[PDB]
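Summary heading: complex between daraxonrasib and Peptidyl-prolyl cis-trans isomerase A, N-terminally processed.
Residue numbering restarts at 1 for every chain, and letters A, B, ... go by the order of the sequence lines. Counting starts at 1 for both ligands and their atoms, in listed order. Every heavy atom of this structure was used, including side-chain atoms; hydrogens, water molecules and symmetry mates were not.
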Amino acid sequence: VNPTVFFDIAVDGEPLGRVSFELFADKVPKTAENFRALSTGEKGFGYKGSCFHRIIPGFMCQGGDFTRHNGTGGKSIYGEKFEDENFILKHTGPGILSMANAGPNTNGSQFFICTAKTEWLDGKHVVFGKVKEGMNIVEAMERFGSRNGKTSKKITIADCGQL
Amino acid sequence: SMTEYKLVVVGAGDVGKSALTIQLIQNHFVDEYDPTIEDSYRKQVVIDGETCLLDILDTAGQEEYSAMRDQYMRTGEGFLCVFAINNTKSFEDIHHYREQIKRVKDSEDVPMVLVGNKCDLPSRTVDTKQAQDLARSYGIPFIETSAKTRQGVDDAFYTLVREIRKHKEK
Ligand SMILES: CCn1c(-c2cc(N3CCN(C)CC3)cnc2[C@H](C)OC)c2c3cc(ccc31)-c1csc(n1)C[C@H](NC(=O)[C@H]1C[C@@H]1C)C(=O)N1CCC[C@H](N1)C(=O)OCC(C)(C)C2
Ligand SMILES: Nc1nc2c(ncn2[C@@H]2O[C@H](COP(=O)(O)OP(=O)(O)NP(=O)(O)O)[C@@H](O)[C@H]2O)c(=O)[nH]1
Ligand SMILES: [Mg+2]
């Protein structure tokens, strides 16, 4: 069975709500496991306390830089980066969870949640999960973004783990 | 009030467009990977005795969005065309940026400056003469820069302003 993880989202320290994700371990086990472990913090580091540094209304919310907290960092449980596992799954619409990268085979910890269909990213970013509950939380995060993604409040993962 | 100049920084990804702009605006350099969506900055300077306001658009090198450039190319007055002297592909990518600018603005007379960045680095694969010859064939200045050492940073932006001045009195 596919694991489930949750994010408790805060806005300038004030609670907003919980988003949970199904992780497609059945299709992308190595990428799903990276995200799962980072959501539990079981390796001594992970998503807890990090922010969504790039939010662009109409497109996506991106976060996962827990090493520099500014969009230039992050690391996987396998080393700084790891390869593209496969591109079986597509960016079909809102709620898709997919890996950010700096080109081929540069997955770290940064990820994005789609708020629309982003099919031009197919075959370049590894899709590995989907929002299960709390998509309205993600919709609510959008208004703190902008055209270039700078956020007007600090949107943070106040808590996260496995369900 | 002082004249404003609309400068646009273009070029392939990772050549140093943002590092150059942040050196100009903020006078510091960090060696981190922070790929640009789009950023805009303002700075007042003195050039050839004349005070002016630089409006700088720092654009995305991200190659997949090459069809998204027409509007900022129509709006911009002058273009800093940046490549890195240790990346021959970024030098080859320059031609496509210039052709796109000329096409979009439907003119052979667009203010531009060719900038060879990262000249602090030992692994140079594009010679100075190679870039000087290209700039000569374009009819535009060439300036070598380092965002890391600040070599040539002011010179590149200021020269582009000089090129826009020479065009608006034409
Ligand atoms: C032309 C303007 N632009 C645009 C753009 C594109 C469109 N359309 C394209 C599709 N057609 C059909 C309709 C119109 C409309 N409007 C805009 C924006 C709103 O105009 C201002 C984008 C973009 C992305 C980059 C640069 C410029 C860019 C970029 C620069 S680094 C990058 N992508 C990839 C990015 N790596 C990183 O962060 C690295 C640091 C980490 C490790 C990454 O893994 N992810 C995850 C996937 C999403 C991506 N970030 C991102 O942010 O996508 C923004 C988005 C708006 C989705 C696309
Ligand atoms: N040694 C050296 N490194 C530089 C120089 N300019 C930029 N860099 C480095 O090269 C990398 C890319 O720089 P950056 O300015 O982000 O490039 P960009 O052209 O803005 N990339 P993008 O189009 O994705 O926004 C960074 O690691 C930066 O520190 C330079 O003059 N010298
Ligand atoms: Mg940049």
Where do all copies of daraxonrasib turn up in this model? ligand 1
So, around daraxonrasib (ligand 1), which other chains have a heavy atom under 4.0 Å away? A, B
I need the residues around daraxonrasib (ligand 1) for a figure - heavy-atom cut-off 4.0 Å, please. A:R54, A:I56, A:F59, A:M60, A:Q62, A:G71, A:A100, A:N101, A:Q110, A:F112, A:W120, A:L121, A:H125, A:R147, B:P35, B:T36, B:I37, B:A60, B:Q62, B:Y65, B:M68
Does the protein put a heavy atom under 4.0 Å from atom 13 (C) of daraxonrasib (ligand 1)? no
Using a 3.5 Å cut-off on N or O atoms only, is A:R147 in polar contact with daraxonrasib (ligand 1)? no
Do any nitrogen or oxygen atoms of B:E38 lie less than 3.5 angstrom from nitrogen or oxygen atoms of daraxonrasib (ligand 1)? no
Element-labelled atoms of daraxonrasib (ligand 1) that are located less than 4.0 Å from some non-hydrogen atom of B:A60: 26 (C), 27 (C)
What protein heavy atom lies closest to atom 58 (C) of daraxonrasib (ligand 1)? Include the residue and the distance to one decimal. B:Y65 OH, 3.4 Å
Across chain A, in which UniProt domain are most residues that contact daraxonrasib (ligand 1) found? PPIase cyclophilin-type
Quick check on contacts: which atoms of daraxonrasib (ligand 1) are under 4.0 angstrom from a heavy atom of A:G71? 40 (C)
How many other ligands or ions sit closer than 4.0 Å to daraxonrasib (ligand 1), and what are they? none
I'd like to know the organism the PDB gives for chain A, please. Homo sapiens
Going by the PDB entry, what's the name of chain B? GTPase KRas
List the closest protein heavy-atom neighbour of atom 30 (C) of daraxonrasib (ligand 1): residue, atom name, distance to the nearest 0.1 Å. B:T36 O, 3.6 Å
Using a cut-off of under 3.5 Å, which N/O atoms of daraxonrasib (ligand 1) pair up with protein N/O atoms, and what distance separates each pair?
unit_1                  : atom_1 : unit_2 : atom_2 : d
daraxonrasib (ligand 1) : 36 (N) : A:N101 : O      : 3.0
daraxonrasib (ligand 1) : 38 (O) : A:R54  : NH1    : 3.1
daraxonrasib (ligand 1) : 38 (O) : A:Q62  : NE2    : 2.9
daraxonrasib (ligand 1) : 44 (O) : A:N101 : N      : 2.9
daraxonrasib (ligand 1) : 44 (O) : A:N101 : O      : 3.4
daraxonrasib (ligand 1) : 45 (N) : A:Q62  : OE1    : 3.3
daraxonrasib (ligand 1) : 50 (N) : A:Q62  : OE1    : 2.9
daraxonrasib (ligand 1) : 52 (O) : A:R54  : NH1    : 3.4

